[PDB]
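Reviewing the structure listed below.
The PDB entry numbering applies to chain A: residues 51-805, in that order. Hydrogens, waters and symmetry mates play no part in the numbers below; they use all other heavy atoms, side chains included. We count ligands from 1, going down the list as the structure has it; atoms in each ligand are counted the same way.
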Amino acid sequence: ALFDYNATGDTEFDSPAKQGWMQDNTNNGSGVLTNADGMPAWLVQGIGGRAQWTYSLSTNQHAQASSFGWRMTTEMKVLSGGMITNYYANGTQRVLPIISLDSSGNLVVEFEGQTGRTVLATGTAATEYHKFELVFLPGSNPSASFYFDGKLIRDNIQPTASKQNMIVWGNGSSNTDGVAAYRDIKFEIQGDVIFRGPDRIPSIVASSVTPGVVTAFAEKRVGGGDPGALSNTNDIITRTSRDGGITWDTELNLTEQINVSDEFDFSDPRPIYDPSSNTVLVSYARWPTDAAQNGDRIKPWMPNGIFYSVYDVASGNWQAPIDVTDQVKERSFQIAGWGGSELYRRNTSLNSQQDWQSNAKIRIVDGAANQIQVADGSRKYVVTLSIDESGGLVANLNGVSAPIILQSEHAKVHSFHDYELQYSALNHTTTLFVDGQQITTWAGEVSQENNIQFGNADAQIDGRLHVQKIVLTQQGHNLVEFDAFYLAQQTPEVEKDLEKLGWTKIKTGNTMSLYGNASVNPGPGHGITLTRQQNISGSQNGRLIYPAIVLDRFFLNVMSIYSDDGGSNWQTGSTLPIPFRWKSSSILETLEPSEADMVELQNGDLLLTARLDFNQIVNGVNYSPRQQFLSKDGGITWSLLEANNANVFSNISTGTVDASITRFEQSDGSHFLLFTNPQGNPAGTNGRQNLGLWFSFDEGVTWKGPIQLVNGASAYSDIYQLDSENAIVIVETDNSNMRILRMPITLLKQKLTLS
Ligand SMILES: CC(=O)N[C@H]1[C@H]([C@H](O)[C@H](O)CO)OC(C(=O)O)=C[C@@H]1NC(=N)N
Ligand SMILES: [Ca+2]
Ligand code: NA
Ligand code: NA
């Protein structure tokens, strides 16, 4: 909430009384409206008496200011004397700066509860207009900092005892003469509620093309629970501000229009601001109302998916939801030959004296020893697919010496491809096609086997492959037809077990296989539009991207979901690389990255920070509740940043919770990273308390802070640059009430520099 006086000659607001301020003069103290040079100002003439203006605040407003902070901004020039007192008192305490011209004619400041004056300006500048700012940060030991034309003058100013209760400006002394002219006074109370608990899971973005336009999101939760609870209906809600996040329009339910029979929960609103179109595109998860991500109750035959809505900033209009599920929710049979091998084989009756064809639609997720094989009673043909050290897609053929690089561009490397073997009876050789393109011809090797086989073939070579289709054809008839894309999404009365469908399973060591994915979910926070991708091969400026949560069957991980055409069509990247170990029980010990946020670094690399849910220890190594990852190819693939986990955020909470990360760019061209998360109470303990703000000035190698932003409850949060000097924060607080902070980043960062 903002309380202000703005000097203007406009007869409709041409004095402080007309703007709700109370006159508080004594004796010969007075004031008058002046028009020095086109710029109106209120001239406070505190000669022979006091001359000030006051604004009263309620008990609640004072309490809010104490919990969530406040800031006071004055534009004034001092003409003469002293006791120029612009300050805030809450009934028990005040921070009182006292501004004056000293006996040398210089502009100086003192603070009650402190000895000493500081010279702010000398010479002609002493009596010119300046911007004076007081910023109060909450906490158990809260303090204020004072800035002069944007520069930190005094930090850690302790509030002092006062029974006064008001916002005050002018000359607050009967005895001490003081004259000053005021253009503007602003007092802002931080932390206004924008979405009420038990609604949850906030996110926020701002428009750079139309300054002042801010759009925030949350889950409307009827019944107050996570998605997936029968007879309860969650929707996505949004509000827009057009004055920089001060006032907000009517809460709008985005999804009820596609929830007309109460069958769904929607969750995890993930907005992206696109400056090229000046739009906000927000993606969110759909769940059946009675099954979702928690407890892995969601299954691939259920209507989990992802939808998006578009906000046109110029017109203020919302575009109806659009389903992108088929583009981003993979349906496949997945074989993870991690620490083992798993193959499926069936005997066939191929005639090697007739042509035959096989089609396999296969994605290589990682590793090697991933095979598709046909033997026709005379010869055996096996294609082994792998990802090499540099991230290329490689085929090796039996009986052929040299490997074939099928693709080196990382996006295409991890995509599905259409493999076709065309056997020619005439030539007694087989031609390999990939995505319609003739690759090579080879004779395979002599064999009396007659079968088709696929999977991961070696217990000593890790590999994961996903299969959508395996077909074998001869004389126009499909001898074998396995459609995992189809089967993955059928209800459970449909037979899907390969071993009950005429295949033989051959397994060694430990493996995991499944029809998936069970669900995809954009996750909590905002996404980004890329602008520094010039030197990132395969990538493109204007890419829309967010780090989504994918549940394959029982394990969570994160992958990029992105669009290179403004959001019309979407693609998915690879999941985060994570360590694994098989426990004695043939149960998988690994990590589950979930709620994630990313930012584009100066060089076009992407930095990702992820919540690590459930188990955090793999092979005796504790990865903490948070882990950072780096992408060098525009978000297609990632690497785990060793020793860059919760440890880099000093005094961060030790409990799992969603965080936020974002870029901040100053008007002089410089930039740095901001990050928000609860500190816990006390800081560094497990608790959704006391939101902290961390800074990185070296592209995410180290973090400074935290600066405490909130006193009390603090859970999920999201931070975004509002303008050249401020960032806007939305944060869950008491009873999950979601509150707005508008933070003077360029002022606050000075608390972290040399003193
Ligand atoms: C999809 C979903 O239900 N996500 C949960 C999330 C989840 O339970 C944990 O990350 C465990 O995997 O945590 C909780 C949480 O407050 O810890 C909020 C999220 N609620 C909503 N996004 N609505
Ligand atoms: Ca987040
Ligand atoms: Na006076
Ligand atoms: Na529900």
Quiz item: What is the name of the drug located at ligand 1?
Solution: zanamivir
Practice problem: State which chain has the largest number of heavy-atom pairs within 4.5 Å of zanamivir, named as in the PDB entry. | Solution: Sialidase
Quiz prompt | Binding site of zanamivir, heavy atoms under 4.0 Å | solution = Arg250, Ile251, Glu269, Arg271, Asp276, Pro277, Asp318, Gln343, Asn344, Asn571, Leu606, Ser644, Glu645, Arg661, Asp663, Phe664, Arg738, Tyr766
Quiz item: With a cut-off of 4.0 Å, which atoms of zanamivir are near a heavy atom of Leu606?
Solution: 12 (O)
Quiz prompt | Minimum-distance protein heavy atom relative to atom 2 (C) of zanamivir | solution = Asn344 OD1, 4.0 Å
Quiz item: Of all the non-hydrogen atoms in the protein, which one sits nearest to atom 20 (N) of zanamivir, and at what distance?
Solution: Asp276 OD1, 3.0 Å
Quiz item: Which atoms of zanamivir have any heavy atom of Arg250 under 4.0 Å away?
Solution: 15 (C), 16 (O), 18 (C)
Quiz item: Near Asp318, which atoms of zanamivir are under 4.0 Å from a heavy atom of that residue?
Solution: 1 (C), 22 (N)
Exercise. Mark up the atoms of zanamivir that fall under 4.0 Å of a heavy atom belonging to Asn571, in ascending order.
Key: 1 (C)
Quiz item: Nearest to atom 6 (C) of zanamivir, what protein heavy atom do you find, and at what distance?
Solution: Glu645 OE2, 3.6 Å
Self-check item: UniProt substrate binding residues in chain A within less than 4.0 Å of zanamivir, heavy atoms
Solution: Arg250, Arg661, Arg738
Quiz item: Which organism is chain A attributed to in the entry?
Solution: Vibrio cholerae serotype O1
Exercise. For atom 18 (C) of zanamivir, grab the closest protein heavy atom and report residue, atom and distance to one decimal in Å.
Key: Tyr766 OH, 2.9 Å
Exercise. Provide, to 0.1 Å, the distance between atom 12 (O) of zanamivir and the closest protein heavy atom, together with that atom's residue and name.
Key: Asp663 OD2, 3.1 Å
Self-check item: Per-atom contacts, zanamivir versus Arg738 - under 4.0 Å to a heavy atom
Solution: 15 (C), 16 (O), 17 (O)
Quiz item: Short N/O distance, under 3.5 Å, between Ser317 and zanamivir?
Solution: no
